[PDB]
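The chain called A is the first sequence line; B is the second; the pattern continues. Heads up, chain A uses the PDB entry numbers, so what you see runs 1-221. Per the PDB entry, chain B residues shown: 1-214, in order. The residues of chain C that appear here are 20-268 by the PDB entry count, in order. Sequence positions for chain D are given in the PDB entry numbering; the residues included correspond to 20-268, in order. Structure determined by electron microscopy, 2.7 Å.
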Amino acid sequence: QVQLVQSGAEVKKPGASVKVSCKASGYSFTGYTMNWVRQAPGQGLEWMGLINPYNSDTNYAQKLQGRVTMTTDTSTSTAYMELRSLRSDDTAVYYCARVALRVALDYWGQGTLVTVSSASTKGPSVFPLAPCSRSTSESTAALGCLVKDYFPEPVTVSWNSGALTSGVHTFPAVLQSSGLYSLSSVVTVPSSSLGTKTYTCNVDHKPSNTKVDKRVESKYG
Amino acid sequence: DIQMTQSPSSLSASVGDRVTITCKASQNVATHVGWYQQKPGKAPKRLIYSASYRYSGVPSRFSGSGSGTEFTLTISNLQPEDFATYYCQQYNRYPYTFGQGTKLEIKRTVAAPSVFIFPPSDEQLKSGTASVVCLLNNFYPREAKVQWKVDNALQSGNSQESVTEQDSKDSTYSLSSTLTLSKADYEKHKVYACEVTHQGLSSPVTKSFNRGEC
Amino acid sequence: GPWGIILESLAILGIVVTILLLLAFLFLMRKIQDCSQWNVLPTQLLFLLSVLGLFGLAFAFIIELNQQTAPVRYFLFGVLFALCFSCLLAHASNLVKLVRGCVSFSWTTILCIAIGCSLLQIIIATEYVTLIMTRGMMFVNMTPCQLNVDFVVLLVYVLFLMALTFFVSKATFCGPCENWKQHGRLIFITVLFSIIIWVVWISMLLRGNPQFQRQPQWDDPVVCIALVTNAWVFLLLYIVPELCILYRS
Amino acid sequence: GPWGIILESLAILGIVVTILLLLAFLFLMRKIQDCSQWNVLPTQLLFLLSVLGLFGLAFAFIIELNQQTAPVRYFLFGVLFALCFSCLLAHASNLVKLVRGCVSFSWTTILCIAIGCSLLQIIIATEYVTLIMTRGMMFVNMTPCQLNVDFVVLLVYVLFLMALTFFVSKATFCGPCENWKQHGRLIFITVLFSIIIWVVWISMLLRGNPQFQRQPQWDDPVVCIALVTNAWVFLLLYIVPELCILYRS
Ligand SMILES: CC(C)CCC[C@@H](C)[C@H]1CC[C@H]2[C@@H]3CC=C4C[C@@H](O)CC[C@]4(C)[C@H]3CC[C@]12C
Ligand SMILES: CC(C)CCC[C@@H](C)[C@H]1CC[C@H]2[C@@H]3CC=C4C[C@@H](O)CC[C@]4(C)[C@H]3CC[C@]12C
Ligand SMILES: CC(C)CCC[C@@H](C)[C@H]1CC[C@H]2[C@@H]3CC=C4C[C@@H](O)CC[C@]4(C)[C@H]3CC[C@]12C
Ligand SMILES: CC(C)CCC[C@@H](C)[C@H]1CC[C@H]2[C@@H]3CC=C4C[C@@H](O)CC[C@]4(C)[C@H]3CC[C@]12C
Ligand SMILES: CC(C)CCC[C@@H](C)[C@H]1CC[C@H]2[C@@H]3CC=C4C[C@@H](O)CC[C@]4(C)[C@H]3CC[C@]12C
Ligand SMILES: CC(C)CCC[C@@H](C)[C@H]1CC[C@H]2[C@@H]3CC=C4C[C@@H](O)CC[C@]4(C)[C@H]3CC[C@]12C
């Protein structure tokens, strides 16, 4: 019934402006106030402002005044939010939330990720992670692929892409001080499995169209 | 503004247990408090409006109560799909303010971590930098404390930790600690160790390697 | 539930009927020569227009509670009900002065009693709506209890008009003239039924709905049911018997 | 600034003078045998009981806006001025029914007219104050322009009462009896001076203050000066001449 559909995720520079759209369907768009709520990665929800589509009356948060502009288009029933003079702390997931009467924020958009960073689009660098001296009993061996120095999110890493699922851990990426990202993908195999079975990491960075397929083994070729 | 404080920040429980999250308002917000549930990667979902009313399609397990500056969300019969982050929000006056969020976690028995260490690859050394990786497989609880000891010396400010979410199979965490150095800095030491402590191990366990034996 | 398709039909037919009776009154304005019962006819025309307004306003409660429709409800409900009860009060006052044997009021005077008694409710409603929509938060951040309490408390002058019309219509029961007693009897019956209906839905909205754990699911249904039912009481217990009495003269 | 210990001293002197006027009017209320002049002695007492209520309210404008004084201002200013102008209107209506040869009203009727011509302003003021306090942002969160606009618009019924009193007191100038048109002359002069003062301070608050680039430090001084001046006009142009006329018996 009631649906709020936003635009796609966007990557900006820390001197630019961003526009986030919110198409509303399934209800009379004119008679319901629209809030905009942003969430930083790993933080809580933060309220930014509201717009009434009937008369285009807006109300912004105190810390955001001067750079946020909320508009509505009744003919297409779409709410737009503009943020100017972007900073690195403005990297967040943005939601349009509808307000009905007697109630609270009942309908939400799926969220639009705005990533504000000065780094450029870079291909990932994939390195193997193998133990120095394995097979000293303890048949719970671990292998890995380290993906480093890529931008932007995300990267999907698959071990052989159809085979290894048991004991596969893909850690969340951490933003380095260089502005690029890095993560690790580890797999747990028995100590007799390696040496008779090949291992590859399908790396599928979409914004760079980069596939590496690095093979992991203890030293040697 | 009106500060809205949640308690506790994170609690652990099992399926079928009854849990209570407390929200406290700095000012009198009457009964204009809602409760929302958010899953990782998804938008917040409506649970409670007006501090005691349930939306349509909300299960009867969630129950809101309280008034004034004291509000309470109670889950009676916990379910596997109920484990998420819960927020209390006030709409008595503008601006809207949310709580910091209470994370709901699956409680289980304490499991010891499996500790491994990975040296920098020689391709990465040819690139210019070196990264030593410390891997901690399935363990519980999340609080594990990791020291990076090189030549029996403690380094700080050059290690980054990545922690996965709770596993859908056995409800266990995993940790990866990455230490970064330059090639000139890496080709200065000979003992490279990773020590970890956790309250599922009798003693903090270390894993060591030396360059030249890999 | 089906309350959105039954009541709407009960509205729509009513919208037809209160037009036809309106026509059935207007033609009578060309055929009634009594100079005593003719003076009530413009007031009854205003009453029929207010009943048509009530039947049209029922759609505002059938349609979803909106930020657009809430001022419409909170202004039109009390204003139209006060217009109906002020027309009834003017007719009852004319009957009080007629049964005692005095000369009946002119139609202009009866219309002034009908309109000026509803002006206070107009002032109250426009002040409340303007203050909420301008100085308030545009109904946005109000709990269901606050909205129900405001909706009930906004009708205190209408309730006073109901009680006053009840007592004035009861005062028609004694006097030397007996042919004007039936009109006051119809007004008394209509006001008593309206008072019973108002007590019922106010008790259901303020206390009955939270008791059965049906708040705010039953608020708009009980208000719409009360609106349609009391409009039909106005049509069937007052307007139709008045038409029947005026036709056989 | 300089408006201190001048407006306050004038308010205290006005309180003392109006208490002495209450004492004198209570003394002369029991020392008259005329049944026609006596009929205004109760309501004028209420008029005096309003004028004192004005002067103390001036203190509420000496203190800043705060939260405990803004409802007091926004209620009592309109209520007390409506009481004053309603008492003046009742006296003027009693004079209009005189002069032309008819008998005067009873004192109960004049007092009822004075109370009922201010009950509407009482209702309007309590509705506005309650809606601002409960169902909206309070006076501490309002801009000075919104506060001034609300304060001026809240006195529309008071301005209507002023115009009605002006036109009623103008209508008593034509008549055979020369004994009663002096009271109407006093009422006419008092209402004309009140109209002049109200026009001056409304123009100063709404338009003169932004054009003089001094806002809001000439809001409370201007309203307090207008209040004190109008209360002193009420004392000196109406109460004192009526006292001197009534003393001659
Ligand atoms: C709150 C305010 C607006 C209510 C006003 C109600 C007025 C219009 C009503 C209330 C009581 C009524 C009076 C009750 C009794 C009589 C005596 C009768 O022989 C002539 C009509 C007369 C004089 C009525 C005229 C209308 C009346 C004055
Ligand atoms: C809030 C304001 C606008 C309310 C106005 C209502 C009051 C002041 C007025 C409006 C119409 C008036 C009535 C009109 C006609 C008559 C007939 C007359 O022989 C006696 C007085 C009486 C019965 C009036 C009583 C007062 C009255 C009810
Ligand atoms: C003749 C008699 C019955 C008339 C009564 C008039 C007065 C007392 C009534 C009429 C309308 C009423 C208001 C209607 C609505 C509200 C909003 C509610 O949230 C607080 C009370 C408040 C502000 C009411 C206060 C009392 C009020 C001003
Ligand atoms: C808004 C409402 C409440 C205002 C009410 C004003 C009333 C009290 C005023 C307005 C006009 C006045 C009338 C004007 C003229 C006359 C004719 C005179 O020979 C007797 C007094 C009489 C009949 C006045 C009585 C009082 C009166 C009816
Ligand atoms: C908001 C409500 C409470 C306002 C009430 C004011 C109205 C309805 C009432 C209050 C006092 C009333 C007046 C009291 C006395 C008389 C004298 C009578 O011979 C004619 C009507 C007349 C002149 C009344 C007219 C209507 C009146 C002005
Ligand atoms: C007899 C006549 C003069 C009486 C007039 C009564 C009505 C029309 C007046 C009296 C009080 C008025 C209100 C007083 C204050 C405000 C606040 C302002 O921000 C918007 C308008 C609003 C809400 C006014 C609307 C009109 C109002 C309700």
So I'm looking at this entry - what's holding onto chains A and B the most? Name it the way it appears in the PDB entry, please. G-protein coupled receptor family C group 5 member D
Provide the recorded name of the drug at chains A and B. talquetamab
Could you check which other chains have a non-hydrogen atom under 4.5 Å from talquetamab? C
Portion of A:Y54 that has a non-hydrogen atom of chain C nearer than 4.5 angstrom: side chain
Which transmembrane segments of chain C are in heavy-atom contact with talquetamab at a cut-off of 4.5 Å, numbered from the N terminus per UniProt? 2
Region of C:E83 that comes under 4.5 Å of a non-hydrogen atom in chain A (talquetamab): side chain
C:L84, part contacting chain A (talquetamab), at a heavy-atom distance under 4.5 Å: both
Which chain of talquetamab comes first by number of heavy-atom pairs under 4.5 Å with chain C? chain A
Contact origin within A:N52 toward chain C - heavy atom pairs under 4.5 Å: side chain
Source organism of chain C (PDB entry): Homo sapiens
So, with heavy atoms and a 4.5 Å limit, what does the epitope of talquetamab on chain C come out as? C:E83, C:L84, C:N85, C:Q86, C:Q87, C:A89, C:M156, C:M157, C:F158, C:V159, C:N160, C:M161, C:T162, C:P163, C:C164, C:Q165, C:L166, C:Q234, C:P235, C:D238, C:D239
Considering only heavy atoms, which residues of talquetamab are within 4.5 Å of chain C? A:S28, A:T30, A:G31, A:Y32, A:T33, A:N52, A:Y54, A:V99, A:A100, A:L101, A:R102, B:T31, B:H32, B:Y49, B:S50, B:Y53, B:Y91, B:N92, B:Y94, B:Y96
Only pairs under 3.5 Å, no angle test: what donor-acceptor pairs are there between chain C and chain A (talquetamab)?
residue	atom	partner	partner atom	Å
C:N85	OD1	A:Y32	OH	2.6
C:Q86	N	A:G31	O	3.4
C:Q86	OE1	A:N52	ND2	2.7
C:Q86	NE2	A:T33	OG1	3.1
C:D239	OD1	A:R102	NH2	3.4
C:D239	OD2	A:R102	NH1	3.4

